[PDB]
Structures are given as C-alpha cells and as structure tokens.
Amino acid sequence: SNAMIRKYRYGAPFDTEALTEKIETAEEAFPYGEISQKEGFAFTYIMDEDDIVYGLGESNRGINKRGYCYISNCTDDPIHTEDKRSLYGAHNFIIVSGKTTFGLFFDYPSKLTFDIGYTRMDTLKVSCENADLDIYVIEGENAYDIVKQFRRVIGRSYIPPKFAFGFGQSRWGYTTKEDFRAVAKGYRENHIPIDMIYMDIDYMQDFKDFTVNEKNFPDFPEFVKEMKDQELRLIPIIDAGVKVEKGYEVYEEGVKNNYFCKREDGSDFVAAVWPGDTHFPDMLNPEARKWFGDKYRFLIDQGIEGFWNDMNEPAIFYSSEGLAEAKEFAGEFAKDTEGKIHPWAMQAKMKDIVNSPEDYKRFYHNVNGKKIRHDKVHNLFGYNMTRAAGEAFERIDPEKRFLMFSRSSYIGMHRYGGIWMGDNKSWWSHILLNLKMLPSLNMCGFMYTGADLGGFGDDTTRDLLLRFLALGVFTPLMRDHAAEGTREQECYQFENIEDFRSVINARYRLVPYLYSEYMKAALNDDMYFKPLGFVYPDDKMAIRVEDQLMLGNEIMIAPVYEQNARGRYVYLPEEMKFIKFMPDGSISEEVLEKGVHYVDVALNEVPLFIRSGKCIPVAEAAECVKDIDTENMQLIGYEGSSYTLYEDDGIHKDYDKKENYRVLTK
Ligand SMILES: OCC(CO)N[C@H]1C[C@](O)(CO)[C@@H](O)[C@H](O)[C@H]1O
Ligand SMILES: [Cl-]
Ligand SMILES: [Cl-]
Ligand SMILES: [K+]
C-alpha cells in the first residue's frame, strides 16, 4: 500500500484530516536534506542550480517558487503586492523538480515558513515553532507524477454544478430588488451571457448570517424565482462571524449550546466584523459544525443553489480587548502636551488591533474534550467552515451539487468547495497573478477557482476588464466582482458593449469543452491547468514558461496581460493551431510551428492554441448554460483526431455511467 508515500511524524500533531488515505508512520531517517529541532522544527535542503520548486497553491509570485519567502498563515490582506508573504490560503505542498525530484506535504496547521532561496539562493528551509507535525514525502519519476500521487491521497476534488461554469456578476453594494433587477436587465437586454448574480453582505438583515433583509425582500423566495426563471441564480455570501444580538436565533442557539469559540475563562470571544460584535462558531468542533452547516437550509429552502464563504481566516477588525487598548492609547495621545506620543505611534496602534496575532491567542476550539488555543490551529478555520457547509449539503439534499467556494482554505477543504483568489486589484499585474496561481492550486486539489475579474479594489478601465475577462473565459470560476466605492465594473457600464458580449460569448461556446475537462480531471484526480513543464518535461525552454498554461490534454492558453498591447510573445513546444474567437462570431485559425512567435490578439479577441493531433468541440453562443446546444457541435483542430466529451445533467452526482462519455471524431 502507498509505495511512493512515506509519513514522518514529530511530536503530537493535531489531526487536520487533510488526507483521506491512512499512511503508517515511517521509522527511518528523514530521506532528504536535514532536520533540526533546536528552534522547534526546520527542514533544510540544498537545491541544485537548475531545480524548480512547484507548489504552495494560493501563494504569491510565480509558478517556480524559488527566490522568495512564503508563510502559511491565513490572513485578510487586500493588498497583494510582491512583498507579501501570507495571503488567505495555507497549501503546504511543494515539489522539488530537477536531477533529484521529490514532493513534500507539511501537515501542520499553524504558522509555517517556506524560505525558498530567499536567504541563500541555493537553500530551501521550511520551519515552524513547534515540532508537532506530519511530513509526507512523495517519490516519483517527475513532478506531474508526484502531483497525481498527492491528489489521490487527499481525496477527490469538489465538483460544482454545471451552471457554475457560466459567467457571474457581483458587487459589494447590491442591496435592493431594484439593484439586482438593473444587473439582470443590463446583461439580458444587451444579450450578454450570464448565469449568476452574487449577493454580498447588504442582502442580510443587519449583516446577520442566515437572515434576509425583511424591508428589501419581504417575499424572498418569490424574488429568487423571478431571477431563476431568467436563468439567473442568486449566490449569497455567508460570513464567519455571527452577530451578537438578543433574540437572533443563530446567536441565541450558539450561546446556549456552547457552539462558539471561547476565551480562556469560558466566555464567548467577541470579534468585531461587519455586524459589529460577533462570535465565531467553533469550526473544529463536530457538533458545532453540524449546527452551523444545517443553517444553510434556511437559504436552500428558498431556492438558493450556491454560496460563498468569506472573512473566514477568521478576519477580525478588532476584539473587545484590542479596542479597549486602542482607546486607552488614544486618550493618552489626546492629552499629551510634551509631544512624547507621536502620530505614527497612534497610527501603529490602530493598525495593530486589526487581524492581530494577539487576538488569535485569545480564543479556543473545543475538540474531543480538549481546548486548543486558536493560533495553534489557525489555518484550519476556513477549511472547516466550508466542510461544515459541504457536509450539511449532503444531509439536506444528497443528490444535488451546490456551488460553494471559500476565501480561506487548507488542503482537505478542496473536497468541499473551491476558492476565489480574494481581494485583488484593478491592476494589470493581477491578470498575471491570477494566471500563475492556477496550476499551483490544481496541484493542491483546488480546481474550481478564479479571481475577481476586472480587479476587486481600486478603479478598473474598459480595456483591463476586457483582458481580465479573456483569461476568465478559461477559469472555472468566472466572476466580475468589485469593491464598494470603485468605478462601476459591470460589462454594460462601458462603451461598445458588443466587445464584452464577444468575449463572454467565447466562454459559453467553450463551456461544453471546459466542463468536460473539469469533470474528467476531477473524476481521475488529475489537473485541469498544468504548467508547460508537466506536459513537455524534456524541453528546457518549456519548463520555464510561466505566462502560458496547458488545459486538459488539448489546448494551451496565453492571455495578454500588458496594457495597450496588441499581442504578445509565445513559445510553442510543438506545432499548434492558433485559434481566435473573433468579435463577428467567427473563429480564425492559423498553424504555427514549434518555436517562438509573436501573435496578434486584439482587445475583443479570445485566443487559444490547439495541440497537434488534438481537437475540441465548440458550441454556438448561447446566453445561459441551460440553452447551450451540444448536439453536433463544431470540431476545431486537427484532422484525424478525436476528443472524448464528458457530459452529464450537470445537476446530480451520477458520474460513473457510460452515457456520460461520447467520442467526437473530426
Ligand atoms: O476583507 C474584507 C473586504 C475588503 O475590505 N473584502 C471581503 C468582504 C467584502 O468586501 C464585503 O463582503 C466582499 O465584497 C469581498 O469579496 C471580500 O473578500
Ligand atoms: Cl421580495
Ligand atoms: Cl488539420
Ligand atoms: K475594481
């Protein structure tokens, strides 16, 4: 059993349940590099100059992780600049790829530092404060083999309903039925395809989880049906924090049944978020999880078929303790007459109370009769919130797939939902960041993923949105979302709307292919997106390409991510057909040989490349997933080639039937 995977145990690790496969503890010396336990735990390895380091899922910078430091420590940080070491996810799987190749999964739920050539270029050092963890060593002939081994042992990836492969629109600010009707009309009257409209926090009654604003939605299920009859599915947000409010049932039940995270003394810990004071459900306690997940029935029973889980690092604006400290400091600053307390110090204290490391030491989880301080298991919170929801969906309607994705995650959560890449910005560099995160997420089990198209924060432009959308065409989550106070970012908010229709039409024409590749990959523990080096391992040029990706076994993508550009450079490791979805609805085709090329790609054109000896099916454009005609689709690509199409009803879980597969031959 499990010949290629060994598990090395130190101390008394918390069981994260990341793996579904039970691996016995190995008793031999750790097989690579050196282990030191003098400062807790450290693994140190000297890399060959040509080694590439893959992995880390949702983390900053590039596909090859060499040259920086990455700290797994789930953090609400809306400014994703190159210096940042921690974002929302903790995906502790890396692969050293070169003359000596192996994979490592560090199953540890707290702050874990990956110094990948930051300190010394030749040195990989992975460290944490406590030697209480399991480290899995995965052997294999190459990096792709090692990834496939890992994907097997962590269990099958979450599978969304097919409607989730349409286009979605959200904004922090949609509040009233008028707001949502205006979005529906803006897309539908302009014949821009769309399947989902996201409901952000203003839909709740005073930011209370599992409520709907009674003034704005007096007959909510009727409104849900108004939208669904037009093939628009409302996708509401749920937050980690439950508002403290007398008479609010979720709060009352959480208090009475000890379902919230508690302070040292047993009191329910207060964290301020959108509602002001909240309590956090104890996501690591199985009974609290069951209770919290069961609450989703409130929305499911009203016609809702999907959710997004947010603020689940968990994010904390301040604690009662931190607020009191900040106010005391402010009082001193206010009455200072000697000029001893400077404004910068006041500013620093205000910043310090937000997402404070000290607050994460102030509350506990109750697991199997043991109270564990939250910081010790910090990176498991979002994972378990989404597990709570996923497991509830199985109880509520076991036959049905729900759309589900989370901001914060840890390996293991990939069984229950996808992720979105959080609060990016309307920056050109964030198109590239979106692209690079994709294969790494796939290595860690997270295939239903994507970024806020157009950029969440700051102000977008028409061309940036168009280029973001052209990458989103290929990402399973394709959602335009934006922050409050930003320039309006719906496609209909710009001149020459036909260009937006053209780009989103390309998504819908590709949905049968993209869904098929997703399903084949998920059902077989394989990757939807792959780095070029996984497909062309013997090509020294290919292995270092980071701004192109392979999708499935048929195509390569290469989005434009430079402002004012009319094209871009590409490297083709084999002959391919360069394909563009054109704004008049036609599909242009050009054979390009192996090697370096500059390709022209206008703002309203969507490019891809079809590999030698392959073809893909392309449907006529439709405006919602339900209406896509998949009978006798056009086949684009090479004569003599075939394609195996996976197609099911997109709704249920009947995955293993021969009727789901059809061979198309060009
Ligand atoms: O992290 C907090 C904020 C940014 O201030 N962003 C989060 C909350 C939010 O702003 C309102 O619900 C939402 O729109 C974002 O998608 C989410 O990441
Ligand atoms: Cl209503
Ligand atoms: Cl041909
Ligand atoms: K924006």
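For this chain, numbers begin at 1 and follow the sequence in order. Side chains included, hydrogens not; waters and symmetry mates left out as well; all remaining heavy atoms used. Order of appearance sets the numbers: ligands from 1, and atoms from 1 within every ligand.
Most heavy-atom contacts to ligand 1 in this structure come from the chain listed in the PDB entry as Glycosyl hydrolase, family 31.
Of voglibose, alrestatin, bithionol, dexmethylphenidate, zoledronic acid, the match for ligand 1 is voglibose. Here atom 9 (C) of voglibose lies nearest to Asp310 when heavy atoms of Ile201, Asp310, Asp76, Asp77 are compared. For the ligand labelled voglibose, residue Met311 lies inside the 4.0 Å heavy-atom shell. Every atom of voglibose is numbered from 1 in the order shown, and the set under 4.0 Å from a heavy atom of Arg407 is 1 (O), 2 (C), 6 (N), 7 (C), 17 (C), 18 (O). Against a heavy-atom cut-off of under 4.0 Å, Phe456 is close to the following atoms of voglibose: 6 (N), 10 (O), 14 (O), 15 (C), 16 (O). Short contacts between voglibose and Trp420, defined as distances under 4.0 Å to a heavy atom of the residue, involve ligand atoms 16 (O), 18 (O). Heavy-atom contacts of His481 reach the following atoms of voglibose: 13 (C), 14 (O), 15 (C), 16 (O) (cutoff under 4.0 Å). Between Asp200 and voglibose, at least one pair of N/O atoms sits closer than 3.5 Å.
Here is the list of voglibose atoms found below 4.0 Å of a heavy atom in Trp308: 16 (O). Within less than 4.0 Å of voglibose, the structure shows no other ligands or ions. Residues in other chains coming within 4.0 Å of voglibose by heavy atoms are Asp76, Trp172, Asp200, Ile201, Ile237, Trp274, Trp308, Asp310, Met311, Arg407, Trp420, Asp423, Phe456, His481.
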